[PDB]
Q: 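Take a look at this one; I'll ask things after.
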Amino acid sequence: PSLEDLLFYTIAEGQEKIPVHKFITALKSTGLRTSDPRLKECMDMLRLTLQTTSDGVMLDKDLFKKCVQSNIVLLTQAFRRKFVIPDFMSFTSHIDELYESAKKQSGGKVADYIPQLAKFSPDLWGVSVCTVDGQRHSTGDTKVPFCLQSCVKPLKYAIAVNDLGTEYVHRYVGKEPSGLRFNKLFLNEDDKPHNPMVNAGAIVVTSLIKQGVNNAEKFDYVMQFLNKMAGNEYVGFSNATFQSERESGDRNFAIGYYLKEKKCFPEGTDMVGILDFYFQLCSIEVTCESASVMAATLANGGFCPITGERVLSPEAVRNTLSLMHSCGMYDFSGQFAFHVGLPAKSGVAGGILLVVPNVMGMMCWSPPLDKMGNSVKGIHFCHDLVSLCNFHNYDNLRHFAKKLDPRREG
Amino acid sequence: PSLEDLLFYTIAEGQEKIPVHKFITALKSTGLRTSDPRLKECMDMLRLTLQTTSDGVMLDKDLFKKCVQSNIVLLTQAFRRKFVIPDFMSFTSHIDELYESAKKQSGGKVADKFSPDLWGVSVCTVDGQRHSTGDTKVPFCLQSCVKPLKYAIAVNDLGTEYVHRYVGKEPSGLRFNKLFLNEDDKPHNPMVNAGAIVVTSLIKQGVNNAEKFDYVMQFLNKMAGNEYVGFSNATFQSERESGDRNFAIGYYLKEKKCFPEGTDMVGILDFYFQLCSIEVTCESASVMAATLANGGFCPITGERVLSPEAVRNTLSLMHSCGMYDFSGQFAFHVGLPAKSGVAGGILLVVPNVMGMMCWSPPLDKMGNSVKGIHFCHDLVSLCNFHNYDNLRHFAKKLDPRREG
Amino acid sequence: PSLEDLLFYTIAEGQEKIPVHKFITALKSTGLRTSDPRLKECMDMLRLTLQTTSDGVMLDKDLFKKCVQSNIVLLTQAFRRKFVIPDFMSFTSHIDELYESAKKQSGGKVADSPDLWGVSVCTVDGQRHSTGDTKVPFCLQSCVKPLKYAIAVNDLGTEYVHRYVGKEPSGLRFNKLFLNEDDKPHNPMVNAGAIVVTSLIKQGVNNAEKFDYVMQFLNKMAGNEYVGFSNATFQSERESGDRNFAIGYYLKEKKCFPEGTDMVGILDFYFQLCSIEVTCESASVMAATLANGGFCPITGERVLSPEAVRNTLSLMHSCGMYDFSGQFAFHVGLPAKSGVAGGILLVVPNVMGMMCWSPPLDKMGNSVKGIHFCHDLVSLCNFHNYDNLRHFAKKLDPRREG
Amino acid sequence: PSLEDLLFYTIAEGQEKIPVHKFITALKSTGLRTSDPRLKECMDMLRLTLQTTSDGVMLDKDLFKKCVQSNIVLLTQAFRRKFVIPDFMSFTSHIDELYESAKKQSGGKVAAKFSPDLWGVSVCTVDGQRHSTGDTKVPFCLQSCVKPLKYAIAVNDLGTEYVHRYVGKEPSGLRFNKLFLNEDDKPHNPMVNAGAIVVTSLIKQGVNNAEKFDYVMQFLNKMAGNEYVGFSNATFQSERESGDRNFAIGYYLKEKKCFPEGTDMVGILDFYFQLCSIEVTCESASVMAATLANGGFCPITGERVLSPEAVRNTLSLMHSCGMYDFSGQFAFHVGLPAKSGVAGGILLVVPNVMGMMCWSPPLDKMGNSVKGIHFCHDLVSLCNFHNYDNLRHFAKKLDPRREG
Ligand SMILES: O=C(Cc1cccc(OC(F)(F)F)c1)Nc1ccc(CCCCc2nnc(NC(=O)Cc3ccccn3)s2)nn1
Ligand SMILES: O=C(Cc1cccc(OC(F)(F)F)c1)Nc1ccc(CCCCc2nnc(NC(=O)Cc3ccccn3)s2)nn1
């Protein structure tokens, strides 16, 4: 009977043959991009076919079988509406509306404590989606690079848990939110930083990754790791931001010395070098599009949805999503978990890394911040997104009132 | 067509007629109980047919159809493995192993009268599948397990915005477990005593306390599918003679004007002690938890009991605030919304899957049942129920929602 | 040569007899009052002889001798300039200028009257001075806290009292907690500490006897000047005491009281003690007893033990003025206690006691005018705890003449 | 009539001449030392007269007058028992009893062993009377005993209102004894490390730290009447290799902009380490304390060293913040301003009476010299020196200001 065969009659509504562009247009409406790394054999074979047969340009039955047979499983799920969001085109129109609504919210202040971020216009606003099946959508300024800043904190925590395990990592860092009075304290009662998402905790996490090698290799180790999480889309580095972050980081130096004195680091830690490494990790650059793929790896249990590659252990991803839930949005963490109920991490450059587990990852970026440090338009977008769709952690998948569920339905 | 006939042969081995016991046995392995309120017409119609004779009795396609047609949608789901846990018989063996492993955990102190060897676990899935092991029909008081239930009621009747004018929505953090109010002069959240006291003051304002208790009781009846709910006047007397800290809380809340206008603080405290003395079993409480797991619909009656807004809010504050000073550790390791109480109950919700009640009176130093806490950890070590487990890639955890 | 004889010649100076009014005028200029209880025998015999010969009114040497022989020691200290403040008339001029200076600070808010303002002085030797509204009765309120702590330490000792209450301030940021880390109230000057102290006094008698016992105690500290009671204030404090009932229950729960304590009854007694009434004049004598190592300066009676007075002055220093205690100790350096009626009980150790009263309070709860007066007094005189008695710059020292 | 001859007859009784040694013995029993800087002219004049012959050796009314004329006012005061403690020989006997009693308190840890542990106590009254017992000439580092001294310097040179733009005036409370800043983003007071780090940054701004150090040394020489002051490079290196907490404090002060404009934070810390390593003995530190006891006038030289505002502010903050977490208990029971240091010293001021230094390296769990704290308790148990003792009615305490 044959899968390439059946798939074949699906797209050939009636005629004996399929226009190439008709196949492509139907393929894009799944949400996949033609550049998807799991589709390269079929796409090369299609480009090749346009060369060796300029006459159609069209695909007989064993011809189309020749192109798609190597990527047939993925192509079948895509076309039999088996993806996690089957009517992706309708969903993206909602995302676009949410985008436009948030664009009207013009408040907030751009971070200005170093000139590498006071240059960023307050009117850039970008949102990117990548589902657990690699379906993609973007609107606004989603290819402009910006620094992860604290959005890097769960990514490096995930790396440490992946290489070292939960039990070892949390000998060094706690696993719960401070409470809003303990905002300003470096250590909890057990002389550990409260959790990996506060600066002091991220500084200790930074100190456990790849112990014993030097900083250059430590950085390459982590960059290699972010590449895989992003399915090899753009991961960069801002020396300009790193230089300025290192010359105005008095409070992180205050933290570093206190942790050294309280013996918070592993035996043999060069605290000043760990601080240097920490500033580097804050200066790693992404776009909305590449960061959204990183979020989707977290949404997808540690597998990069656009490569199929296993990147992080389930243990690492579960721990990470737990702490983003409860500690990821600074003093707004409790409010955010209550009203949004999604694991999220914000950073001072205006990014909000966001995870809808089992569904999708997003990156929202708009430089202006509210008093707590969260992007105004990202915060507004996140509330709206959950008002509209039953993605809240404690929404019910069967009884959800007037909320829309994009995992379903005609 | 043939909706009820297709059921007849699925159960009858291509054969003339079904013995009744064989249909009942087939129905128990779905996990449903013959007493399920949604199966009443069918069971009534069997009792009439059993009265015709004293024989098999056995049912022909025509007689079978006459019993089951009223409840056919539910019964087919059950028998074509459509329920949220299709292989429920395998699942309960695991629950049984979990139960016996926690039974060996002998530590803890009983608060102070009950026996330290009582230990029960009850499950009710979002589809009404039931299982119990241990001391699951012994009544005991909810105590603080009631706090999510009455917060649910208050949000259900007044909305989230009104309720959180009077109570916060975050954990305090390990040091202010002793403070009564947060910086905005509100109790930190409704899972602490100060906050449950304020929440108690919002329910059915204006009406008197006797009717207020009636309303809550009726509301809990809906929540339990009308299974066992009661009241311990002995606990109520004990709780009130020793409620010094609760009175300290009440007067401080009064002075800081934390109550709605027209509140009688001393009466609210009395009402609060009443709500803490409400009695349940493991079985009836597990149905209440399943209502919360099922979006506000009681899984064994089909009735809508709470708004989805109420359930969501309640499940959120149970995640972060429901296990006292262990809330943060429990969230991190178990990832399940839960509420413990000093009688030794742990009300436990696995959203979209099942509700549970665990009960063993011996508490650890934080006030949580030792065996319930052990059981909860093991449950999520075993099955991919942690709130941030992935539903597609979960390593070697078992997933009871799948077959094979 | 007899002592009443030489004291006679110093006052007689010229002629052979002293008009009585000349003696009395010279006596008041020491700052003593004619009504002083240590002067009663001399004053009674002076009144007697103004009857016993309605002439003159003469007063020769032997007549002087039989009038003043009973009180000759104190009269000699007074006339030989032996009192702690010898030039008392010059000092009272200074008090008056400070009074008038504080009088023009009209800010603050009463406790829910803005023109009542009085200041009374009583030295360790019984010299009195008043200016302004100093015979108007008003409730001690929290000014009673050091007085009943002193009573409890006097009857019970320091060890016993302080199993139940702490000894230090603890934090402008733990100023909202009821208990310190050892589950005791922080010190006797906060409400929860003052509530526990109340529960220690005269245990095992009913509340009416406890009250009479403390009022009798306050009578002695005040040299039997006005001590009274305000049922109006008592009923008010008792209806609006939700905060203190919240403290009482937390204290019960954490077992802060002595065994056998009726907490609700203790709160009633506590409300009673807050409602006790004084004037500036009588309260100043109370302060002066504290300044005089526990002896009432206008009666010579021993009222409190050195231990009780030392402990009380120490805690007034650091916990006396609500959240202004740290700043007051630094800038004023005098033991003091304020209350919500506008009083400020003030002790200059070894010199004098004072009571200042002006109802309007600043946002920390202290009488605006009292606070301004207390700063000005220390700016002018070398009375700060850590002023030096020998090298003190431009400050004045009223313990001296030339 | 002549003051010098009036003194002659008193020393001599009714004899011809005063043997020199009998005048020396008579002078030493006032408490004054023959090396007292204010008695130098008189001692130079006995030195001259003692070189004019072999073993002569006595002074006539005319010779005596020749020696004592330049210092007659101060010798008169001494010999007519006008000093603040008139019967000084009796008082030092009491200091010796107190010393021996504290000597038996062997507990504590220093901040392997070869020699006994050291214990010394020096007294210097406001009139310059001196007494010493134990290891009083062994140099040791001030460490945090220097904190009141450098705060006084800064208030002396800059005033109260400038200094307290940068540092607070109150103790933090036992439960904020771990924070660097109070709610106004300033260190709590000058006696905590964070506060002393800022006080250090105020002294002699606009010269380099070698000149700043010189200035403080010159100032400390004035305070000690030019007795021993020095510097331990050993302590200075060890204090700076192990100053991670002080660097954490320094960076937090910088981030929060707590220093005066133009401050080099890393250099101030190095200056701060130097000041902690300055060396005194018991004897010379007691003179420093005595200067604080005497309104800012050095008692053995008569020089005005600090303004009264500096000294008053310094004594006030020693009262409440001087003995770490024991400050509250020490203020209540001892009632004297004091400052302890981790080398074992306790700078002790009895206002208007005397200054003392007690030194014994073993510290209690709070960081205070065990023996020094024992002595301080005994001293006020014995004498009516407590800030709130009464000078007239004082139970059966002793008052060494009085005759007999
Ligand atoms: O900013 C301020 C105003 C202020 C004042 C007081 C209260 C306050 O209230 C508020 F906290 F709610 F804001 C604010 N202060 C401030 C803020 C920050 C700092 C740098 C902090 C560095 C020193 C420390 N870091 N972590 C620590 N952890 C513990 O001690 C853990 C613990 C907890 C309980 C029991 C035992 N151990 S210590 N130093 N000082
Ligand atoms: O609990 C303690 C010592 C303590 C420590 C650590 C360990 C410890 O050990 C031990 F308890 F086990 F002994 C004891 N003290 C205590 C504890 C509780 C109480 C009743 C308190 C009722 C009064 C208040 N309720 N909420 C408030 N919040 C606000 O006002 C705003 C603010 C400012 C600061 C902090 C948070 N909020 S005030 N009053 N005092």
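Sequence lines map to chains A, B, C, ... one by one, in the order shown. Shown for chain A, in order and in the PDB entry numbering: 137-546. Chain B is numbered as in the PDB entry; the shown residues are, in order, 137-248, 255-546. Quick note: numbers on chain C are straight from the PDB entry, i.e. 137-248, 257-546, in order. Note that chain D carries the PDB entry numbering, so the residues on display, from first to last, are 137-247, 254-546. As the structure lists them, so they are numbered: ligands from 1, and atoms in each ligand from 1. The figures that follow rest on heavy atoms only: side chains count, while hydrogens, waters and symmetry mates do not.
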Q: By the name used in the PDB entry, which chain has the largest number of heavy-atom pairs within 4.5 Å of ligand 2?
A: Glutaminase kidney isoform, mitochondrial
Q: Mind telling me what drug shows up at ligand 2?
A: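 That drug is CB-839.
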Q: Which other chains sit close to CB-839 (ligand 2), with any heavy atom less than 4.0 Å away?
A: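 Chains with a heavy atom that close: A, B, C.
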Q: Would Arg317(D) count as a contact of CB-839 (ligand 2) if the rule is a heavy atom under 4.0 Å away?
A: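 Outside the 4.0 Å threshold, so no.
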Q: What part of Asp326(C), side chain from CB on, backbone N/CA/C/O, both or neither, has a heavy atom under 4.0 Å from CB-839 (ligand 2)?
A: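 For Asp326(C), no heavy atom sits under 4.0 Å from CB-839 (ligand 2).
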Q: In the protein, which heavy atom is nearest to atom 14 (C) of CB-839 (ligand 2), and how far is it?
A: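 Answer, as residue, atom name and distance: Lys320(B) NZ, 3.2 Å.
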Q: Check whether any heavy atom of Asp327(B) sits under 4.0 Å from an atom of CB-839 (ligand 2).
A: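 No heavy atom of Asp327(B) comes that close to CB-839 (ligand 2).
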Q: If you measure every N or O of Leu323(C) against every N or O of CB-839 (ligand 2), does any of those distances drop under 3.5 Å?
A: yes
Q: On a heavy-atom basis, I'd like to know which of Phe318(B), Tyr394(C), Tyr394(B), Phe318(C) is closest to atom 17 (C) of CB-839 (ligand 2).
A: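 Nearest heavy atom to atom 17 (C) of CB-839 (ligand 2) lies in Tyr394(C).
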Q: Which protein non-hydrogen atom lies closest to atom 36 (C) of CB-839 (ligand 2), naming both residue and atom, and how far is it?
A: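 Protein heavy atom at minimum distance: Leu321(B) CD1, 2.8 Å.
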Q: Considering the heavy atoms of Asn324(C), write down every atom of CB-839 (ligand 2) situated less than 4.0 Å from one of them.
A: 3 (C)
Q: Return a yes/no value for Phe322(C): is any of its N or O atoms, backbone included, closer than 3.5 angstrom to an N or O of CB-839 (ligand 2)?
A: yes
Q: Which residues lie closer than 4.0 Å to CB-839 (ligand 2) by heavy-atom distance?
A: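 By heavy-atom distance, that gives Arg317(A), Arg317(B), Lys320(B), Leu321(B), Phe322(B), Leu323(B), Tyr394(B), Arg317(C), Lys320(C), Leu321(C), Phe322(C), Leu323(C), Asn324(C), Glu325(C), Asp327(C), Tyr394(C), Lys398(C).
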